[PDB]
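Structure of interest - contains mycophenolic acid.
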Number of protein chains: 4
Amino acid sequence: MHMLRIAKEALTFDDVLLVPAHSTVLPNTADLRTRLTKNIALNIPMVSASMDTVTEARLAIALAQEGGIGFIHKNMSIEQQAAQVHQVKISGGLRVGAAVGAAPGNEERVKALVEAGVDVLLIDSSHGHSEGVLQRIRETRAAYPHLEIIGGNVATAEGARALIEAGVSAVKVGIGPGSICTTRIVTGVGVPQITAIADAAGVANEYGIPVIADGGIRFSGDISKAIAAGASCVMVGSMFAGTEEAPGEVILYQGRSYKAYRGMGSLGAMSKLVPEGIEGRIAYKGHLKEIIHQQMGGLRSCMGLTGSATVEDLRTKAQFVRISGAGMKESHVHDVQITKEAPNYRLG
Amino acid sequence: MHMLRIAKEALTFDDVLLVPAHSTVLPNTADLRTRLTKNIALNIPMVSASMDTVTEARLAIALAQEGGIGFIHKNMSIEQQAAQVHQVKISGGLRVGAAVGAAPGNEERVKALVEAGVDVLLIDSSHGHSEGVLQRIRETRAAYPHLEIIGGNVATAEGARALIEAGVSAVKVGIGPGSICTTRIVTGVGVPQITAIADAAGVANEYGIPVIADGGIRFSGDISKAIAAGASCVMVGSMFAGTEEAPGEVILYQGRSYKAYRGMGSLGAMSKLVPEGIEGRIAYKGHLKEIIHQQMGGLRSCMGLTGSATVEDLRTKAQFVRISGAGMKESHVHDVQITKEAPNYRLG
Amino acid sequence: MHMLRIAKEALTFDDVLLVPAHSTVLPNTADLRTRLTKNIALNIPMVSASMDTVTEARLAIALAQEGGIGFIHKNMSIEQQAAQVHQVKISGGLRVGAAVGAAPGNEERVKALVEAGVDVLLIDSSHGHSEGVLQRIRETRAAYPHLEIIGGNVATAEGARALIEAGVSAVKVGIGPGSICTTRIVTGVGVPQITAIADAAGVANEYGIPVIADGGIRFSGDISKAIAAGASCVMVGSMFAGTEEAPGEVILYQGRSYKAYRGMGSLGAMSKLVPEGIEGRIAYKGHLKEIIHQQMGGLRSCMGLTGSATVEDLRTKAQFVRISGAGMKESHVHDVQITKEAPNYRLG
Amino acid sequence: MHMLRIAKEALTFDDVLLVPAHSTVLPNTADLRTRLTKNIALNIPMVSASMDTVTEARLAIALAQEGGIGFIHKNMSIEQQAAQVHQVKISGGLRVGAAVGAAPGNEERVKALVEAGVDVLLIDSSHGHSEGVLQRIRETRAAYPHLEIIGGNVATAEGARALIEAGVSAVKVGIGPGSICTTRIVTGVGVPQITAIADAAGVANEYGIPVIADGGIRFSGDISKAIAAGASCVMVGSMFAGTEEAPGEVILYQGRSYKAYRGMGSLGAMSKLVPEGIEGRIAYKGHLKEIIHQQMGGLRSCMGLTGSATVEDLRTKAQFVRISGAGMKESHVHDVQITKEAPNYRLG
Ligand SMILES: COc1c(C)c2c(c(O)c1C/C=C(\C)CCC(=O)O)C(=O)OC2
Ligand SMILES: COc1c(C)c2c(c(O)c1C/C=C(\C)CCC(=O)O)C(=O)OC2
Ligand SMILES: COc1c(C)c2c(c(O)c1C/C=C(\C)CCC(=O)O)C(=O)OC2
Ligand SMILES: COc1c(C)c2c(c(O)c1C/C=C(\C)CCC(=O)O)C(=O)OC2
Ligand SMILES: O=c1[nH]cnc2c1ncn2[C@@H]1O[C@H](COP(=O)(O)O)[C@@H](O)[C@H]1O
Ligand SMILES: O=c1[nH]cnc2c1ncn2[C@@H]1O[C@H](COP(=O)(O)O)[C@@H](O)[C@H]1O
Ligand SMILES: O=c1[nH]cnc2c1ncn2[C@@H]1O[C@H](COP(=O)(O)O)[C@@H](O)[C@H]1O
Ligand SMILES: O=c1[nH]cnc2c1ncn2[C@@H]1O[C@H](COP(=O)(O)O)[C@@H](O)[C@H]1O
Ligand SMILES: [K+]
Ligand SMILES: [K+]
Ligand SMILES: [K+]
Ligand SMILES: [K+]
C-alpha cells in the first residue's frame, strides 16, 4: 500500500551534533583550506551569497582578503556587473565570482563577465534540477570549456548527478533553508539541509566535485555541521548581511542599528508576482573581518574537538549524533540571564 | 499484550515536505485542472467551505469565475438557499454547490436546491462514517440517481469506502483539522490530515472517486501537500474568510481590519449546547481574485519544482520527506526581522 | 551493553488521538454508566480529587447528584471528616468517599469514617507501590472485609498487581501528571499518563478490577483518551477547582475571578519540608453542574464519533493514532483570533 | 551508503523519566553516601564547579560541611589558590579540591596545591580527549602516584577509556550541557548529557572508576537522572551560583536580587578571543545549606519512589522511560497560575 509516498526522514542542523574525538589538533593549528571547485582553492570555507543586500565589489574584496570568495549579484547592468568583477581583480589579484541566473539571453552578460576576468560563474536557480537550467549549463560549458561553473540549487542525489553530467565544476545545495526564504511554505517543497548536503555529496564525492552548502547557516556551529555532512564550503547570506562592507546604509530603528536584507525572490528584489522570499532588516554587524574571525574561530574549535586536522578530515570522517528538541535546548544557553552579548552568540 | 491500541503514527502538513525533481514544467505552464467529482471538472483545485462566514452567492460567483466551486451554506431558509444557488447559475453559466447536512427532514431543502439548478449537493456531517449519514446518502442517491453528491467527513480508509458504497460522487476528508475547530480537543477524536487524505485516497483511487481535502490549509504549500497526499482538490474556510466577497462587514479593531469567521459547530452558528468550534475574527484579505492568484502561484511553483505537469502527476507521483520540528522552523522565515509582509506569507 | 536502562517509550494525552469509526451511536443516546469499583457503579465516569481546594461535602453532594462520587479530603479533624461524610449520606442517599492516606495511626479515622457510612475509602499515597502503603491496605482489608477500598497511586503493571494482591477494590493510576504537581521535576520520577493507565489496566482487566485515571485531565477529550487507554473513570482536581461548590471564596485579581487551588504536597497544604506541589489559583468556573454537562458533552460526542455505545466499548475497543507536535497544534484552534471563549475551551 | 555519519540518537534529562518501583525505602532513611573517586567518599553526591563565580574557600567550606566537596578555581595566583585550599583544610578537617586546567607550565601550581594539602586535583579541559590533556594527566600521575586526580571532560566511551588509561581516579563527563555554555552552538560539537554519562559509565564501571556528571543540572530531578544514568555524583555551577557563599556581591536589578554567573570560557573570565561561554546573572538563592537540603530532598524522594536504598542502587538498577515533548510538559506544573514559588521549583 504505502499510499503516502514518503521517501525517508530528513534532518537539518538543529537535529544533530558532532561527536568529540581523540585529537592532536589545536584550534590555532587547524588547517582551514579547502576547495570551491575542482580547480579553485579557498583559504577558508566561506563564500558570500549572490544577493543585492550582501555582495558587490566591496564585500567581495574584504572576503577574498580573508580567504573566501564573493559572488557579485546580477541586479545591475551588464556593464556595472563587469566593472564590479574588474574592481575585485585589480584589488591585488583577488578571486571573484559572479551570478547570472539561468534564463535565456544571458549570453552577453556571461561574455562581459568572462572578459572582465571572473574566476567562477554561478548559474543559479531556485530549481537546479530544471531542464532549462541543465541546458544553460551545457551550452555555457560548450561555449567556455575552461570556465569554472557552479550550478545549483539542488537538494537530492539525482539533482547533484544531473548537474555534474551537465558540466558543473561544483554543485550548490539548498532548496528553501534560507533565512529570508518562504519557498517551503509557499510551495511545500524542500529538503532539510543536512540531509540535502549529504545526499548531494554522496554523488559528487564520486567525481571529486565539491558541494557548496547554501542557506540556513545561522551560528558558526552550523558551518561545522554543513562540512561534516559533506560540503567543501558554505554559502551565507544573512551571516554577512548587516556588515559594514555589505551593500546599503545603516538604518537606525528603535535604538538598534540595521541594514536591509532581502531574498532575491522578494517582490522588491524582483522589481502580479508571487514571491518566494521576504524583505527584512538584519542587525548591524560591524566589519566583515571580525565576523569572519569569530565564525572561523568556532570552526577551528570544532576541528580541535573532533581531531580534524584539515577540512577534508571533518568532511569525510567526523561523526554525528542525532538529538531531540530537548537536546537542542540544552545546547543553547539556558537557565541564566545573559548580561553581555558574546560576539559569536547574538540572539537579541 | 499491546494494551494501548495504537493503530499507527499519523502525519499532518508540517510533518512533511515535497521533494524537488527533474522538471520540464514551468510555473506558468503548469496545468491546474482537476476533478471535484467524477463528472464535474474544475479549472483550479479549490472549493469554498459551506460556512456562513465564508460562502454565499457573492463568493461562490467570484470563485467559480476563477475556476473553483463554492458551496452555499444552509444557515438560511430553503427559499433563500435556492435563490442563492439560482443567482450563481444566472451569473454566466457558473457551477455552484449547496450544503444540506445529514438530519432527517432535509428532503424539501434538497428538492428546492435541485430545482434551482444546483450542480452538486453536499451532505456534510462532522461524522461521515455515522450510519445516519450513510442512510441519508443512500436515500438521496435513490431519489436523485444523477445528482452529484459529495459526502463527508471521514478520516479513514473504511470511512471512504462506506461513503463510496453508499453512492457518493466524491469523499470529503477531515475530522478536526480546521482553524476554528475544537473537536479534537473536546472529543479526543481526529486524524492528522495528511495521513487522513492518503488513507481515504488509497480506497477512493480504486473506484476513480476524487477526495476533497477539507480543513487545516493555512499556506499555499499546504495545498500542494494535500494534493500530493491524494486529494483532487482542497476545501478551505479560513483562507477565504476575510475576503471582500465573503459574507459580513469589515470590522476595525485596534488598528486592524477583520471579518467574522466562525465554526458551524460554534454556539453562534448553531443559534445547553456543547460546541465543537469557536467564534473568531480573521484578518481582512481584500479581493478573492488576488488571494487565489497568490495561492495558485504557490501551487504552480511547486509543480515546477516537482516536475508535475498536471495535478494528477502531483497527486500520484510526487514524493515526500518526513521532517522534524527543527526542519519546519528552517522552512519558515527565520533569524531576520520582516519589514514588509509578502502577500502570500502574512503572519502578523 | 544497553548501559542506559530505558524500559520503553511512554505517551501521554497530547501524543495520541482517537480514530473515528462506524457508528450507530448518537451523542445523546450514548450510555455513560461505568464502575468505580467492582461493587460501586457510577452514572458518569468522573470522581473528584481528595484535595482541600476541591472536595468537601458541598462539592461531593453536587457531584453525586450528577452521577459521580466525591472523595472528602483529610486535612480536617476526624470528627469534621466524619460529619462531612454523614452530610453527603443524608442529602438523599448519595454515595461518598473519603481519603485517609497511608501513615500508621489512621485506624481511628478509618473507624469514624466507616461508621459515618462512607461508601469507599481511599488509601492514597504519592507512592502506592511503597511497602508501607501495601501493608496498610492489607490491614484495612483484614479489618473491614467488605469495605470498598481504592489504593494508589501507581504507574506500572507491577504496581497495579501489588495493589490488587493487597486487596484493593480499584487501582488509582498516576505518578506526577497533575496540574499542580512538581514530583517529576523535583524527583525525576514519573510515567506519562496514557502509558501508565494502559499498563495498569492490562493487569487489572484480568481481575475485573477498575482503574481510576488520576491527574492531568485538562480538556474533555483527555477524559475520552484516559478511558480508551483502559480507565473505567477519571479523577480530576483542576477541572473542578474554581467551581462554586469547591471549597474557598472567589478572589478577584486583575479583573479576573479565581479560587485557590493547591497540591496536597504543597508547603501550605502540609502545614524543613521539601514540597512536591505548588499553591496556585484557578479561574472561577461557576456551577459544577454546567462544567459537568460540557465535559460529558465532549465524551458523548467522542462516543458518537467512535461508535462506542457504552463506556466499556470505548475502554476496550476504540483505537488510537500516535501524533507529532505538529499534529497536536493542528488539533487546537489555530490561525484565527478567538472573539468569544467557548465554555468547553477556555485557555485565557 | 549512509553518507550521513550518524553514530546513534542521544538523550538528555528532559527526554527521560525514572520508573517508580516496589520500595521499602523512605525518603529520610535513604543513604546518600557515594564516591567522588575510588578513594574519596562523599556523604552527598554533589560537587561544586571550579568557576570564579561559584567556588572559593567560603563555598567549598559550606559544601564540605554538608557532605560534598568544592573545587577551588584557578583564576587567581598560585599563592591565593594554595591559601584558599589551606583555609578549607584548617576549617575542621574538611576535604577540598582544586582545578588547574591542562596547559603546560602548571607544575608549580600543582606543587603548591599538593603542599597546601589539596585532597583532589582537577585537571580540567573543555576537551578531555585532547592528547595534550592525556599527556598532562600521565605526567601528573608519574609525578604524584598517590594524588587523586579527576580528568575531564569527555562525552564518549572512548574518551572515558583514554582518561582511565592515562591514570585518572575519576572521569568527569560533559561537553556543552552547561547553563552558560555556547560550545555546542559555536562549534557544533556535543553529546546530550544522559547519553554521555551512560556511555562513559559503561567503561568506567569496568574499572571501578566513578563518573562525575558535569553541567546541565537545573532541577533536583536532574540529579536523580544523572545518577541513574551511571554517575556517582554530579557537578553543578548554576545551582550553587547566586548562593550567599558563592563569590561576588548581590546585585539589585529591576526589583530582583542577583549574583554574577559566567562561563570560564567567557570573554570576562578569560581576561581576539573566540568565547565558548557567556557572562550573566543568576537569581540570588540565599544560603547554600537550604539549597542543598531542597535538592537532596528531591533525590531522597526519588530513592523512595524507586526503591533505591543507596546511591549504587539508583546508579545501577533504576529504570527509565523515554518521553516526548508532551510528556515533559505534563511533568511541569501546567494549567494553573502559581501564587507562591516553591523553594525547589523557582522558574520566574
Ligand atoms: C536564485 O536564488 C535563489 C536560490 C539559489 C534558491 C531559492 C530562491 O527562492 C532563490 C531566489 C529566486 C529568484 C531570484 C527567482 C529566479 C529563480 O526562480 O531562479 C530557493 O528557494 O532555494 C535556492
Ligand atoms: C458539518 O460541518 C462540520 C464538518 C464538515 C466537520 C467538523 C465539524 O465540527 C463541523 C460542524 C458541526 C456541525 C455544523 C454540527 C452538525 C454536525 O455535527 O454534523 C469536524 O470536526 O470535522 C469535519
Ligand atoms: C496523596 O496525594 C498525592 C498523590 C495521589 C500523588 C502525588 C502527590 O505528590 C500527592 C501529594 C503528596 C502528599 C499529600 C504527601 C503524602 C504522600 O507523600 O503520600 C504524585 O506525585 O502522584 C500521585
Ligand atoms: C574547563 O572548563 C570548561 C569545561 C570543563 C567544559 C567546557 C568549557 O567551555 C570550559 C571552559 C573553557 C575554558 C576555561 C578554556 C580553556 C579550555 O578550553 O579548556 C565545555 O564546553 O564542556 C566542558
Ligand atoms: O527570495 C529568496 N527565497 C528563497 N531563497 C533565497 C531567496 N533569495 C536568496 N535565497 C537563497 O537563500 C540563501 C541565503 O540564505 P541565508 O544564508 O540563510 O540568509 C542564498 O544563498 C540563496 O540560496
Ligand atoms: O465548528 C466547527 N468545528 C469543527 N470543524 C468545523 C466547524 N465548522 C466548520 N468546520 C470544518 O472546518 C473546515 C474549515 O477549516 P479551515 O479551512 O482550516 O478554516 C470546514 O470546511 C469544515 O470541514
Ligand atoms: O502536591 C501534589 N503534588 C503532586 N500531585 C498531587 C499533589 N496534590 C494532589 N496531587 C495529585 O494530582 C491530582 C490532581 O491532578 P489534576 O486534575 O491534573 O489537577 C490529584 O488527584 C492527585 O493525584
Ligand atoms: O564558558 C564555558 N563554556 C562551556 N562550559 C563551561 C564554561 N564554563 C564552565 N563550563 C562547564 O559548565 C559547567 C557548569 O554547568 P551548569 O551547572 O549547567 O551551570 C561547569 O562545571 C563546566 O563543565
Ligand atoms: K549549553
Ligand atoms: K526558510
Ligand atoms: K483544529
Ligand atoms: K505535573
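Convention: sequence-line order gives letters A, B, ...; per-chain numbering from 1. Atoms within a ligand are numbered from 1 in the order they appear, just like the ligands themselves. Only this structure's heavy atoms are used, side chains among them; waters, hydrogens and symmetry mates stay out.
The parts of the structure that belong to mycophenolic acid are ligands 1, 2, 3 and 4.
Here, the chain sharing the greatest number of close atom pairs with mycophenolic acid (ligand 1) is referred to in the PDB entry as Inosine 5'-monophosphate dehydrogenase. Going by heavy atoms, the other chains that come closer than 4.0 Å to mycophenolic acid (ligand 1) are A.
If you number the atoms of mycophenolic acid (ligand 1) from 1 as listed, the ones under 4.0 Å from a heavy atom of A:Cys181 come out as 21 (O). Protein heavy atom closest to atom 16 (C) of mycophenolic acid (ligand 1), with residue, atom name and distance, is A:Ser126 OG, 4.8 Å. The option from A:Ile123, A:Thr187, A:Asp124, A:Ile175 that lies nearest to atom 2 (O) of mycophenolic acid (ligand 1), judged by heavy atoms, is A:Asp124. Protein heavy atom at the shortest distance from atom 11 (C) of mycophenolic acid (ligand 1) is A:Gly265 N, 3.7 Å.
Here the protein heavy atom with the shortest distance to atom 23 (C) of mycophenolic acid (ligand 1) is A:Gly174 O, 3.0 Å. With hydrogens left out, the protein atom closest to atom 9 (O) of mycophenolic acid (ligand 1) is A:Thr183 OG1, 3.7 Å, a heavy atom. The protein atom (non-hydrogen) at minimum distance from atom 14 (C) of mycophenolic acid (ligand 1) is A:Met264 O, 3.3 Å. Numbered from 1 in the order shown, with element, the atoms of mycophenolic acid (ligand 1) that lie under 4.0 Å from a heavy atom of A:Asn153 read 5 (C), 23 (C). The residues lying within 4.0 Å of mycophenolic acid (ligand 1), counted on heavy atoms, are A:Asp124, A:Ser125, A:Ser126, A:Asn153, A:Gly174, A:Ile175, A:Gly176, A:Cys181, A:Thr183, A:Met264, A:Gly265.
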